[PDB]
A.B. asks: 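Consider the following structure, which includes flavopiridol.
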There are 2 protein chains.
Amino acid sequence: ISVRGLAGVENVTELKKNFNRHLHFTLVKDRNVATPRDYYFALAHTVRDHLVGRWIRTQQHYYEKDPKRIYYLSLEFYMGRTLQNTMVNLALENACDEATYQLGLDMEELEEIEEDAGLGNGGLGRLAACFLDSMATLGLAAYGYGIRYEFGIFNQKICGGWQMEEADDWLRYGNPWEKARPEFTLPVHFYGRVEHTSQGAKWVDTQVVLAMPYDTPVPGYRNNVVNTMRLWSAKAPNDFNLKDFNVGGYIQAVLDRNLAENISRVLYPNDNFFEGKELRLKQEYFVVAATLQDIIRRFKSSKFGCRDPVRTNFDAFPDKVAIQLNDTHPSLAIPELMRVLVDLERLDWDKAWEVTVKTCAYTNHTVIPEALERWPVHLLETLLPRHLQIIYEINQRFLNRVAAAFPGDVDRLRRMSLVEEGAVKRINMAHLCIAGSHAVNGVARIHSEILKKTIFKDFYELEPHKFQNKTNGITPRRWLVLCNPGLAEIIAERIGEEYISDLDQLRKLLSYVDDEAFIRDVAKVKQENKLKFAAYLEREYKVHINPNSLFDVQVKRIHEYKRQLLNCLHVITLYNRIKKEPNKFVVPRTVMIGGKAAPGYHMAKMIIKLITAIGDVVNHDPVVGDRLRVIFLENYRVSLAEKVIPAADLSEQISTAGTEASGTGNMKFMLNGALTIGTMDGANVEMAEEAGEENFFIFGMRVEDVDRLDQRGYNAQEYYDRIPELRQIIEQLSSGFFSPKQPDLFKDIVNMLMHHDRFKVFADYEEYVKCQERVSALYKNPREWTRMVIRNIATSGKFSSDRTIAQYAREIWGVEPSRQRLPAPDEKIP
Amino acid sequence: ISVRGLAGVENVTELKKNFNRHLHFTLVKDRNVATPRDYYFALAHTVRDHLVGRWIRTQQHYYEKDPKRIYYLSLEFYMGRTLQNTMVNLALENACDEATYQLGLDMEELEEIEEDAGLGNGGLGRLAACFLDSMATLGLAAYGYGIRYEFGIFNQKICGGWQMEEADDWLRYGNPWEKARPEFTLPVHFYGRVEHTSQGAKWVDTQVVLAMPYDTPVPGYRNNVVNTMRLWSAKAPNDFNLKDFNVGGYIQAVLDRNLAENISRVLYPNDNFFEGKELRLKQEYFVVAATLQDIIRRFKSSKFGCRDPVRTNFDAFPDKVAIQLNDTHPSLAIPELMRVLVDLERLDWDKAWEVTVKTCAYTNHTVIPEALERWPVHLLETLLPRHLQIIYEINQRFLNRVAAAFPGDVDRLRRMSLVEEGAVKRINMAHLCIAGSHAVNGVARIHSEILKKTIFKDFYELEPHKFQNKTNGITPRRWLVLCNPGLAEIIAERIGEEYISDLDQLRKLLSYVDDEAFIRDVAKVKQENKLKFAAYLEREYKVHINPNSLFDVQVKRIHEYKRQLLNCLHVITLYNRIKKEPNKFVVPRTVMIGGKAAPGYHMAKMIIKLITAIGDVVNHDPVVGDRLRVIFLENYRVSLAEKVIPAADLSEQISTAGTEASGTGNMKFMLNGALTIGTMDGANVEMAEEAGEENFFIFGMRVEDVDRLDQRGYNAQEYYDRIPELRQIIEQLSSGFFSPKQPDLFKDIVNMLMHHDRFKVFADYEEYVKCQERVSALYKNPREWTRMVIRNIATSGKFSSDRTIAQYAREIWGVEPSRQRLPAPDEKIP
Ligand SMILES: CN1CC[C@H](c2c(O)cc(O)c3c(=O)cc(-c4ccccc4Cl)oc23)[C@H](O)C1
Ligand SMILES: CN1CC[C@H](c2c(O)cc(O)c3c(=O)cc(-c4ccccc4Cl)oc23)[C@H](O)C1
Ligand SMILES: *Cc1c(COP(=O)(O)O)cnc(C)c1O
Ligand SMILES: *Cc1c(COP(=O)(O)O)cnc(C)c1O
């Protein structure tokens, strides 16, 4: 059937009875009233059973051996579905496929019932998920810590061509994967005030909110390692949240508990955008405060909570603990670690600071200013009074270091301060992170260089040793084996299975680039994937597409910097050219654009409307026929990505040079047989460098060109004046050609393009359409298109998150990865 | 060990492995980190497994045979713990005891970990629970329908002698007994308006709230029948509760979902008191609206949803459905049934009314005015516009019936109206219930008579056939076998086990009233129970009591009508007499008073303080020694009742004659070997009648005496003037003898007693203390005290809820009870 594992005789039999056990005893149903959802659940519980044994021994193992622990703090974990991924990592896929088949059920049908765990916005959250998978596969004692939102990223609906948001009630039917651990609930404090008494400061009169943990297992790839992802949920205490007496109403008090519990209610749906709301700050401290208590508790046990030098010497803390800050969201971990060490453990400031810096590391994800977290001092002042004091003290000591290093450089002083003066004083969380971390890394070579040359230039000059680079990656399990079994199979047929946990081995495929059989196969799986997607499209969304056309797709969050607008200009250009010479042959294309817009991002929502507006015109023009279709992919999310990416021919990665720190969707398309048209931005640079620029479709300005244009001054009118095709498009938009009933509907888009385009869409237009013409030429030559595809696939090995994690491990955490199988799962009950 | 079932070799072995299965796979724990709570859960899941098989076949059975279904609607189900009760009804207690013993665990220790399901205030909620147990034991196709409150009755804490309330987060660690059934979620409507169009009225522009059901199994006593209790939970839809667009904030919209969900958040903590709050009305409609949809859906299937006369003829509705309204709380079921039949099914009014009346029956629980539900018309007008219209129409037609029956009786017309004029117009829910039900019953003979003679005299004259009586009862399983195994054993030793489901057989014990062995035994188990309680007291609450004294207990909700105050007067009298003649012998007593006060009931809270204030003085007077202790039993609830009742010697049932409709605590004490001191009120009358007044300690005014006093006019001063002992007590309270630091602390109590005592505490004082002297005399004669106890126990058979349910079944529902064992639980998987 494929290499989804063995369908053993004893195990298929064992699976079936357990499926039946759960359907009866767990779901309390009988075959005569069970629905597909019930069957999905019976299966999930059956699969979940297989890793608890391993989960228990893995955690017991770490307790015995006591290795250095890695704590990955993130406010986002974009997990997606977990049934298939679990089967894959446990080598259960075929056995399960067989067992459900014999029970008369279609496993694929049941998998579609699982709800996505959408606890993330996009790239940042998905990276955390890929990292968790790699850390387990590399046998690291790692823990993912976050927040268990009861409502994840909103489900996107398109009404009248506009995006409608609706709550993502992903827990509605329950989550079979998590395990509530109410016995490990921890208290988190808010508000209050600081008392300075005799021997130290005291944080007093605080409001208490409880943090209840929920654990989800993270299985490594076929190595019997099962790590833990601990997500915190907010709960109101039953006392004060009722006991603070003297009238108000007993009923009201109880109803008001959903005020403390709102902290973990919903994920902020902003991608690369900072919104300074109090609720967000509460969420950030909540995850940090609870996590750190858990980390220290575990440490106090270790082998120090037995003997060792005897005397809680936190001198060894950094030798046993590593905390990775995914962006600045969990930045309060730095002043919180100090607070605990100084205020509670009573360590001297300098010793505490030494420990803090040595255990914390920070990962920067973007350079755009509106993504930068700058919290108003009055907010921190009211909510976290002691932390503000600690931050001022950290700032004080840091600036003294700067002054000593650059005597008289007064402007440098204000530039590096963690405190920004002005309208309202604010705290720069990025500066906080750099000062309190021993390592700061960018997510792609170009991005890391930009950090040193621009945004954090002063900090790099002060401590060059802190700055590093760790190019992002994606997990080959979910992003190849899981979503593209067909491709994984033909690759395995030639080079074996060892590449699944050693992607570099994909290079061996280079020697099949002229193999007639392989070329035919690679091309066949892509055709099958396209036919499958084309069917899914009519199944769940309904309105046909041609599977013989070039599948041109751009899927990612809607952003001005991502330039979905540039894509739109090209689509309209294609349309206008066909209308000019109807009977001229052009390579048929199905351009698919999908992605969610943050609810308050007006321009992003306007772009979605433009996309659907273009499709309304183009898709119903008889003269165009099936040569051009414009489709907006609704509710783009992890599970949808697993469907479109394997079906794509052309991957659109066209952000303005210097704006996309790295990107990861780009890597997903490369691994799945799509060719890339993009700018020299983020990881694109490293991808072209790995495959050879001749096997990549690069166009547009480079970072330097953008800077040159800025010195000069960007004037869109110029491009409008010199390019007739461009002029024609802008006039079509302006006149209502794409919005008959509301002729001025797109005035904001046009106005922006012409007068305030921070991302110079027009500047890359000419080179973009020219490059697109080259893609079409090559597509007309199936054999050569496929050969270039093989060159990309064979050279994508570097982009596996296993490589990324191995680098973090060695160059930042100080731990050694290992591909050693944990001593089987075997029963055991001590 | 006792007759808690057989500890079979194969089953104890089977139990142990399943306990281990659950500890490993379900709880994901290993013996090295498992805590008593984990062990309790492993056991609960193991026991829960044993009834799913039966649960499934019972429900399948009803589907095949299609008997008339009984729907018991109640806003309260005071269930308590369910582990032990399940073991008892499944005959698993000994096997489980053995198995956990071999696993090295103390089953009794684990049982204490289970949280009470306190979804009720007291009597009314506990009655619903006893009824569910009896209906299952009598093989009735019955369903209990209610609301799944996430917060039940508050946990009571005594601080400084005052009651403090704190949220009852009973779901904190999860509920192993329930099964969420999200697939059966139903929508409930609120607000909106009524459109009268061509062919009928339409309820439009409503706000939708979803009702998600949770099912809990209700096992019958050893007959393999497992019925269902379906509790509804409120959930906000994901659309409109987000989709009603045009600014406000996406985040806010999501947070605002906890506005629709507040409906099932908390139980109103009022016992026999009406609070006209909108949230309460919403709860009442919520349970009614969801339940009725479920009832009709099931009906449409039956055997009509196959063939029969073919044509949804609701003519057979009353032949297949019976809806019992537990008090007026679910009264909206009447106009809701009409709404559905008329507005949706399009039946003519008269046919719909015929069906409604024939399927509905109402149970009245009290005659006190402040418990009467009178909803303001403006509230129903805004929240349920169509129901108000239907109620006016029902009223209209009903009054026309009255006018035709009593021509010219204009005052009768206004008296019987469902609409009350005055300050604000209100709807009398009790009148609604009588008009739309074919049966109305009181809960004890005297209460039922009072209803016909007073409160509902006009209605009784109109339709005498509607009025009935159904004396309350308690289940002998939980209230004897479960809480008093020792007593159940010695009884079984002489007459067998058949009495557990046939309490009348207890009469056979009369022939052992002179048996020397039995007398010694009955007395021994009572002594063991007392020693056990006396230990529990120091264990969990700490401060010693003497197990050799007479255990004088009054446990029930704190009320002015229940007269805990009268008890207080007696206690103070005892104290004053000892202080007067210290060296005179008196029978030692431990008087225990426990019960919760509604949070807003000031007087009730003042009484609790008085009780603790008396104990402060009495318990620390050296001269008193161990002859008199006054203890306030904290957090009285079902699980605590299971502990004190079996340990009691004297049961205090002293409400003012005519105020306690029935009472059930009184029956619990009679069954467990306590003698009763009480007034001729509620069921007390029937209890004395069953045991013989010579074996009961009756005192005080009868209903007639109370009425006589009212004609005359009650003047407390008179009693104050003629009874020195009483005068001395009132002056002690007035002067601060019991509240040194706050001398006027009890001025409200004294003022009330002297000027506005609606319950004439003083009028029964003399006869009360005189009667108490008779109890002490008899206690001094162990042998005779015990012989009187045997006369009470042997004659309590009539008070089993099996008898009550058998009467409801035959005289109201039209179904025949059956003690036939359902065809085993045996595996099966169709
Ligand atoms: C001037 N104004 C433009 C819109 C912007 C804004 C909003 O008002 C609301 C939003 O939800 C977003 C968002 O999600 C991303 C970005 C963003 C992110 C990176 C680069 C450029 C931009 Cl415009 O901007 C947002 C902010 O008010 C400043
Ligand atoms: C005059 N006033 C007295 C208090 C009463 C009241 C409250 O203000 C608040 C409450 O929670 C209760 C309660 O639980 C029971 C009874 C009650 C019930 C039956 C008979 C007599 C009484 Cl007093 O009364 C309550 C109401 O405001 C009328
Ligand atoms: C991989 C992924 C992303 C990130 O895509 P980029 O193109 O790097 O912005 C966003 N959303 C989902 C659903 C993803 O799978
Ligand atoms: C039985 C019971 C009641 C009812 O007691 P009465 O004395 O009839 O008022 C109230 N609360 C609990 C916990 C009960 O078990």
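The chain called A is the first sequence line; B is the second; the pattern continues. All chain A residue numbers match the PDB entry; in order, they span 13-842. Numbering, chain B: per the PDB entry, residues 13-842 in sequence. Remember, it's 1-based here, ligands and their atoms both numbered in the order they're listed. FYI, side chains are in, hydrogens and waters are out, and symmetry mates aren't considered; it's all heavy atoms of this structure.
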A.B. asks: Where in this structure can flavopiridol be found, counting every copy?
C.D. replies: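 Check ligands 1 and 2.
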A.B. asks: For flavopiridol (ligand 1) in this structure, which bound macromolecule has the most atom pairs within 4.5 Å, going by the PDB entry?
C.D. replies: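 Most contacts go to protein (glycogen phosphorylase).
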A.B. asks: Which other chains have a heavy atom under 4.0 Å from flavopiridol (ligand 1)?
C.D. replies: A
A.B. asks: Which residues lie close to flavopiridol (ligand 1), i.e. with a heavy atom under 4.0 Å?
C.D. replies: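 The site of flavopiridol (ligand 1), heavy atoms only, is A:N282, A:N284, A:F285, A:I380, A:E382, A:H571, A:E572, A:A610, A:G612, A:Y613, A:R770.
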A.B. asks: Is there at least one protein heavy-atom neighbour under 4.0 Å from atom 4 (C) of flavopiridol (ligand 1)?
C.D. replies: no
A.B. asks: Report, in ascending order of atom number, the atoms of flavopiridol (ligand 1) lying under 4.0 Å from any heavy atom of A:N284.
C.D. replies: 18 (C), 19 (C)
A.B. asks: Among all protein heavy atoms in this structure, tell me which lies nearest to atom 25 (C) of flavopiridol (ligand 1), with the distance rounded to 0.1 Å.
C.D. replies: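 The protein heavy atom lying closest is A:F285 CE1, 3.4 Å.
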A.B. asks: Any atoms of flavopiridol (ligand 1) less than 4.0 Å from a non-hydrogen atom of A:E572? List them with their elements.
C.D. replies: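 Answer for flavopiridol (ligand 1): 23 (Cl).
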A.B. asks: For atom 9 (C) of flavopiridol (ligand 1), what's the nearest protein heavy-atom neighbour? Residue, atom name and distance, please.
C.D. replies: A:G612 O, 3.3 Å
A.B. asks: Write down the organism the PDB entry assigns to chain A.
C.D. replies: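 It's listed in the entry as Oryctolagus cuniculus.
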A.B. asks: Would you confirm whether any non-hydrogen atom of the protein falls under 4.0 Å from atom 28 (C) of flavopiridol (ligand 1)?
C.D. replies: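 Protein heavy atoms within 4.0 Å of atom 28 (C) of flavopiridol (ligand 1) - there are none.
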A.B. asks: Atoms of flavopiridol (ligand 1) less than 4.0 Å from A:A610 heavy atoms?
C.D. replies: 11 (O), 14 (O)
A.B. asks: Help me out: which residues of chain A, per UniProt AMP-binding annotation, have heavy atoms under 4.0 Å from flavopiridol (ligand 1)?
C.D. replies: none
A.B. asks: In the protein, what heavy atom is nearest to atom 17 (C) of flavopiridol (ligand 1), and what distance, to one decimal place, separates them?
C.D. replies: A:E382 CG, 3.8 Å
A.B. asks: Hey, is atom 22 (C) of flavopiridol (ligand 1) touched by any protein heavy atom at less than 4.0 Å?
C.D. replies: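 Yes.
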A.B. asks: Just jot down the flavopiridol (ligand 1) atoms closer than 4.0 angstrom to any heavy atom of A:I380, in number order.
C.D. replies: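 By the 4.0 Å cutoff, the relevant atoms are 19 (C).
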A.B. asks: Can you list the flavopiridol (ligand 1) atoms lying under 4.0 Å from a non-hydrogen atom of A:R770?
C.D. replies: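 Listed by number with element: 21 (C).
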A.B. asks: Please tabulate, one line per pair, the protein nitrogen or oxygen atoms found under 3.5 angstrom from a nitrogen or oxygen of flavopiridol (ligand 1), with distances to 0.1 Å, or say none if there are no such pairs.
C.D. replies:
{"residue": "flavopiridol (ligand 1)", "atom": "11 (O)", "partner": "A:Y613", "partner atom": "N", "Å": "3.4"}

